[PDB]
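Drug bound: volasertib. Macromolecule: Bromodomain testis-specific protein.
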Amino acid sequence: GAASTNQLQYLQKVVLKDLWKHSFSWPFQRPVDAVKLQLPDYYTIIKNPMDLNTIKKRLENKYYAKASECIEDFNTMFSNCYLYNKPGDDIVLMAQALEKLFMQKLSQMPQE
Ligand SMILES: CC[C@@H]1C(=O)N(C)c2cnc(Nc3ccc(C(=O)N[C@H]4CC[C@H](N5CCN(CC6CC6)CC5)CC4)cc3OC)nc2N1C(C)C
Ligand SMILES: [Cl-]
């Protein structure tokens, strides 16, 4: 159908799916469980938490009106990781590799 429809479909069927399949996706597949991970300060520091499963559900639920809103959530997920953690941390390296894949898939976003 319309370009906007193809774009949101692309984000769900290709971008989200390929990120999930990537070996470094596992920390981003669920919301941070602060009790489990022993991180009382996580939701003190991160006020706009985001994860791939939340994105998945929103795409399934037709929550986003346009592709840009979904891309915002992906970017928020990466930004959260960069903000909370420190340079050189393994989690940051992982996020950077995942983000690179994200950018590559974005570069092929249909416009017609
Ligand atoms: C949230 C910040 C950042 C981030 O930005 N995102 C997005 C993120 C997302 N997801 C994860 N995943 C996990 C990270 C870690 C674990 C783990 O087992 N951690 C264990 C560390 C040792 C703890 N000890 C404490 C005292 N011990 C002693 C016993 C005798 C009392 C026994 C148990 C138990 C918990 C599991 C994960 O998933 C299952 N990490 C993330 N990070 C990491 C840098 C923490
Ligand atoms: Cl794994």
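Residue numbering for chain A follows the PDB entry, covering 25-136 in order. Below, each value reflects all heavy atoms present in this structure, side chains not excepted, and no hydrogens, waters or symmetry copies. In listed order, ligands and their atoms are each counted from 1.
- All copies of volasertib taken together correspond to ligand 1.
- Atoms of volasertib (ligand 1) found under 4.0 Å from any heavy atom of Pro51, numbered from 1 in the order shown, are 9 (C), 10 (N), 11 (C).
- Residues of chain A near volasertib (ligand 1) cluster mainly in UniProt domain Bromo 1.
- The protein reaches atom 37 (C) of volasertib (ligand 1) closely, with a heavy atom under 4.0 angstrom from it.
- According to the entry, the source organism of chain A is Homo sapiens.
- Protein heavy atoms come within 4.0 Å of atom 3 (C) of volasertib (ligand 1).
- For atom 27 (N) of volasertib (ligand 1), the nearest protein heavy atom lies 4.0 Å away or farther.
- Within the 4.0 Å cut-off (strictly below), a protein heavy atom is located near atom 40 (N) of volasertib (ligand 1).
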